[PDB]
Amino acid sequence: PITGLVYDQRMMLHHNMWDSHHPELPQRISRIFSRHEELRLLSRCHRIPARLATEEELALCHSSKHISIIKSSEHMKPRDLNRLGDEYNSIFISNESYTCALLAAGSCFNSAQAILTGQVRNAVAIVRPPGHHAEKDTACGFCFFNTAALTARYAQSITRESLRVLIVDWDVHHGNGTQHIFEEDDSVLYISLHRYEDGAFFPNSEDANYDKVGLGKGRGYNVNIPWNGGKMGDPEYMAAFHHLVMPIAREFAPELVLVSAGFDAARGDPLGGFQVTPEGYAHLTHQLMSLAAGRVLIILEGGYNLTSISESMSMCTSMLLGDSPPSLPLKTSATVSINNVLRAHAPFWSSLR
Ligand SMILES: O=C(/C=C/c1cccc(S(=O)(=O)Nc2ccccc2)c1)NO
Ligand SMILES: [K+]
Ligand SMILES: [K+]
Ligand SMILES: [Zn+2]
């Protein structure tokens, strides 16, 4: 049983030239990687090489127009870069942004391929910029291309089109891009837990509410678990996994699990405002490992306290490597959310009835 790991310092080149203290920092990935070295986890993993995604691979989820515009940013002068970034919701662009986004995607493709061919049992991808806010035709929320979504389609492209992929998004923000990309699809089950606040939390859309359950043949295959009015932490995420995530996932019976693993729900995060502990993330990881014969790929999304994300993601890797899970009342607000979701998805999943 081997765990893969992919990391490439080249992905640090993506930077904000107007605000060098923007929280989506280059050192996000180098700090996580360093903590793996310190904990002697890195030597326990198989190093999976990073690669660039091809434009053909990008087209699995994105428009030719969107790909061309971001591709052209590589040669833009600062004026062009500034103005272009500004056309999007919460995006900064440097001349290295395109290449880094390509590396993030290709890294996850290589990891998915290594899992599916059986070279490794599971894997972690320490990548940036993040992806789950990226839409078919636009960049958003620090994201250019939707790495997790592209990875699911890539997985299908090297196995069979109907390969059942589960995406669990525990980043504190709703993955609007991933929801929309798979909204009419029953081969990819999207489950997101996110701070919602009646739509007041980024990305500020009611698309993230629990009553959005998918469209057409994808009805039932989109599960939003929205948190309102409360500093959620380990008890809340454990309860959601017990009543919602794991029952639905077991009925779906995925053949591959992708985790959009942002760590901005972590205690100490400057943007999330939640308090999930590294032990919390470990227990979430360990539960997901009981799915898909252990075929789990953990993909870095957000997370902005450098110490918090380093500790949290390293803990996940420790779980994937087979280490024993560390040891850990429910906020009533969380119970209301979980009940709203159970009511919304009972029509589709018998395990919830
Ligand atoms: O982590 C993210 C994205 C975060 C994000 C995107 C847009 C806006 C915000 S904000 O409301 O917390 N404000 C902010 C903070 C720092 C830089 C830019 C915006 C946060 N997605 O997974
Ligand atoms: K999420
Ligand atoms: K779906
Ligand atoms: Zn986030």
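Just so it is clear, chain A uses the PDB entry numbers, and the residues here are 442-769, 774-798, in order. Reckoned from all heavy atoms, side chains included, excluding hydrogens, waters and symmetry mates. Ligands are counted one by one from 1 in listed order, and the atoms in each one are counted from 1 as well.
Here, the main chain in contact with ligand 1 is recorded in the PDB entry as Hdac6 protein. Of the listed duloxetine, timolol, tenidap, belinostat, the one present at ligand 1 is belinostat.
The contact residues of belinostat, taking heavy atoms under 4.0 Å, are given as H463, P464, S531, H573, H574, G582, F583, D612, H614, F643, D705, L712, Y745. Atom 12 (O) of belinostat has as its closest protein heavy atom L712 CD2, 3.7 Å. Here's the thing with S531: none of its N/O atoms is less than 3.5 angstrom from an N/O atom of belinostat. Of all protein heavy atoms, the one closest to atom 1 (O) of belinostat is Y745 OH, 2.5 Å. Scanning the protein for heavy atoms near atom 6 (C) of belinostat, the closest one is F643 CE2, 3.3 Å. Within less than 4.0 Å of belinostat, the other ligands and ions present are ligand 4 (zinc ion).
The closest protein non-hydrogen atom to atom 5 (C) of belinostat is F583 CZ, 3.6 Å. The shortest N or O to N or O distance between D705 and belinostat is below 3.5 Å. Backbone and side-chain nitrogen or oxygen atoms of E742 are examined, and none is located within less than 3.5 angstrom of a nitrogen or oxygen of belinostat. Contact annotation for atom 16 (C) of belinostat: protein present (non-hydrogen atoms, distance under 4.0 Å). When distances from atom 21 (N) of belinostat to the protein are checked, a heavy atom turns up under 4.0 Å. For atom 10 (S) of belinostat, no protein heavy-atom neighbour is found at a distance under 4.0 Å. The PDB entry names the source organism for chain A as Danio rerio.
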